[PDB]
Asks: 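Below: experimental structure, tacrolimus bound to Peptidyl-prolyl cis-trans isomerase FKBP35.
Throughout, residue positions are numbered sequentially from 1 according to the sequence presented. Note that ligands are numbered from 1 as they come in the structure, with each ligand's atoms numbered from 1 the same way.
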Amino acid sequence: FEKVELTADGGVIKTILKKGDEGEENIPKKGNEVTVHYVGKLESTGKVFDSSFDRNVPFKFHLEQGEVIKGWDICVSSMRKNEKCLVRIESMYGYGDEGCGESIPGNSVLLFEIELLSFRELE
Ligand SMILES: C=CC[C@@H]1/C=C(\C)C[C@H](C)C[C@H](OC)[C@H]2O[C@@](O)(C(=O)C(=O)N3CCCC[C@H]3C(=O)O[C@H](/C(C)=C/[C@@H]3CC[C@@H](O)[C@H](OC)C3)[C@H](C)[C@@H](O)CC1=O)[C@H](C)C[C@@H]2OC
């Protein structure tokens, strides 16, 4: 077991559910295209609001390019290939006071289960 606080203020806490592959080559780097599966829920209601499994299409994004909420860049950059984790993301590292669409209210704490399937360096 291993629970990790990724930010001094505790706005991002990652609980490892399954350790990944050993090796620095198994750690995604900034700018890399990352591929994951995820399940997201609101801590307030505990109900799942979205998941890549609804469509069965892994989610791909580029690490630390401002493409995803800050909490995600922080959490994924600390994961190893094939790692499964649960991450608690407070509004500050989520959608803040603005919220997102009508699915995520402002000042919402978010809970995500993320599985790092793979990643690749570009150029
Ligand atoms: C506009 C084009 C649609 C385009 C949608 C897709 C490619 C499909 C892709 C599976 C997203 C899902 O589509 C069903 C769906 O995923 C959510 O349900 C969700 O679980 C979530 O929170 N995610 C998705 C997984 C990564 C973390 C976070 C996110 O970062 O999402 C990202 C996000 C909004 C980042 C902003 C970027 C600007 C920052 O300023 C802001 O921060 C202030 C954060 C998404 C991926 C955007 O980069 C791209 C898009 O939005 C959102 C609740 C609503 C979102 O649909 C909209």
Asks: Is atom 21 (C) of tacrolimus close to the protein, meaning a heavy atom under 4.0 Å from it?
Replies: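 Yes, at least one protein heavy atom sits under 4.0 Å from atom 21 (C) of tacrolimus.
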Asks: At a 4.0 Å threshold, what atoms of tacrolimus neighbour a non-hydrogen atom of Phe112?
Replies: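 Tacrolimus atoms under the 4.0 Å threshold to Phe112: 20 (O), 21 (C), 22 (O).
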Asks: In this structure, does tacrolimus have an atom that sits under 4.0 Å from one of the heavy atoms of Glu98?
Replies: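 False for this residue.
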Asks: Quick test: of every protein heavy atom, which one is nearest to atom 11 (C) of tacrolimus, and how far off is it to 0.1 Å?
Replies: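 Scanning the protein heavy atoms, the shortest distance from atom 11 (C) of tacrolimus goes to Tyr38 OH, 4.6 Å.
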Asks: Looking at atom 5 (C) of tacrolimus, would you say a protein heavy atom lies below 4.0 Å from it?
Replies: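 Under the 4.0 Å cut-off, atom 5 (C) of tacrolimus has no protein heavy-atom neighbours at all.
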Asks: Under the 4.0 Å line, does any protein heavy atom show up next to atom 50 (C) of tacrolimus?
Replies: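 So far as the 4.0 Å threshold goes, atom 50 (C) of tacrolimus is out of reach of every protein heavy atom.
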Asks: Strictly less than 4.0 Å: does any protein heavy-atom distance to atom 53 (C) of tacrolimus fall in that range?
Replies: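 Looking at atom 53 (C) of tacrolimus, one finds that a protein heavy atom does lie closer than 4.0 Å.
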Asks: When you measure from atom 47 (C) of tacrolimus to every protein heavy atom, which one gives the shortest distance, and what is it?
Replies: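 Here the nearest protein heavy atom works out to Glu67 O, 3.8 Å.
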Asks: Among all the protein's heavy atoms, is there at least one whose distance to atom 26 (C) of tacrolimus comes out below 4.0 Å?
Replies: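 True for atom 26 (C) of tacrolimus.
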Asks: Help me out: which organism is listed for chain A in the entry?
Replies: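 It's listed in the entry as Plasmodium falciparum.
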Asks: Most of the contacts with tacrolimus on chain A come from which UniProt domain?
Replies: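 Most contacts sit in UniProt domain PPIase FKBP-type.
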Asks: Distance below 4.0 Å between atom 56 (O) of tacrolimus and any protein heavy atom?
Replies: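 No, there is no protein heavy atom closer to it than 4.0 Å.
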Asks: Which option wins on minimum heavy-atom distance to atom 12 (C) of tacrolimus: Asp50, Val48, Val68?
Replies: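 Ranked by closest heavy atom to atom 12 (C) of tacrolimus, first place is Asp50.
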Asks: Tell me which one of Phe59, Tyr95, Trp72 gets a heavy atom nearest to atom 29 (C) of tacrolimus.
Replies: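 Minimum heavy-atom distance to atom 29 (C) of tacrolimus goes to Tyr95.
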Asks: Under 4.0 angstrom from atom 39 (C) of tacrolimus, is there any protein heavy atom?
Replies: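 So far as the 4.0 Å threshold goes, atom 39 (C) of tacrolimus is out of reach of every protein heavy atom.
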Asks: Does atom 16 (O) of tacrolimus have a protein heavy-atom neighbour under 4.0 Å away?
Replies: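 So atom 16 (O) of tacrolimus has protein heavy-atom neighbours under 4.0 Å.
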Asks: Please work out whether any backbone atom (N, CA, C, O) or any side-chain heavy atom from C-beta onward of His62 is under 4.0 Å from tacrolimus, and answer side chain, backbone, both or neither.
Replies: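 Neither; no heavy atom under 4.0 Å.
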Asks: Check tacrolimus against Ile104 and write out every atom of the ligand that is under 4.0 Å from a heavy-atom position of the residue.
Replies: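 So the atoms of tacrolimus that pass are 53 (C).
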Asks: Which residue owns the protein heavy atom closest to atom 10 (C) of tacrolimus, what's the atom, and how far is it?
Replies: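 It is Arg55 NH2, 3.5 Å.
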Asks: Report the nearest protein non-hydrogen atom to atom 42 (O) of tacrolimus: residue, atom name, distance rounded to 0.1 Å.
Replies: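 Looking at atom 42 (O) of tacrolimus, the protein heavy atom closest to it is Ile69 CG2, 4.2 Å.
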Asks: Does tacrolimus have any atom sitting under 4.0 Å from a heavy atom of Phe61?
Replies: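 Heavy atoms of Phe61 never come under 4.0 Å of tacrolimus.
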Asks: With a cut-off of 4.0 Å on heavy-atom distances, which residues and nucleotides contact tacrolimus?
Replies: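 By heavy-atom distance, that gives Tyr38, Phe49, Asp50, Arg55, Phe59, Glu67, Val68, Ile69, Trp72, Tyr95, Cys100, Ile104, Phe112.
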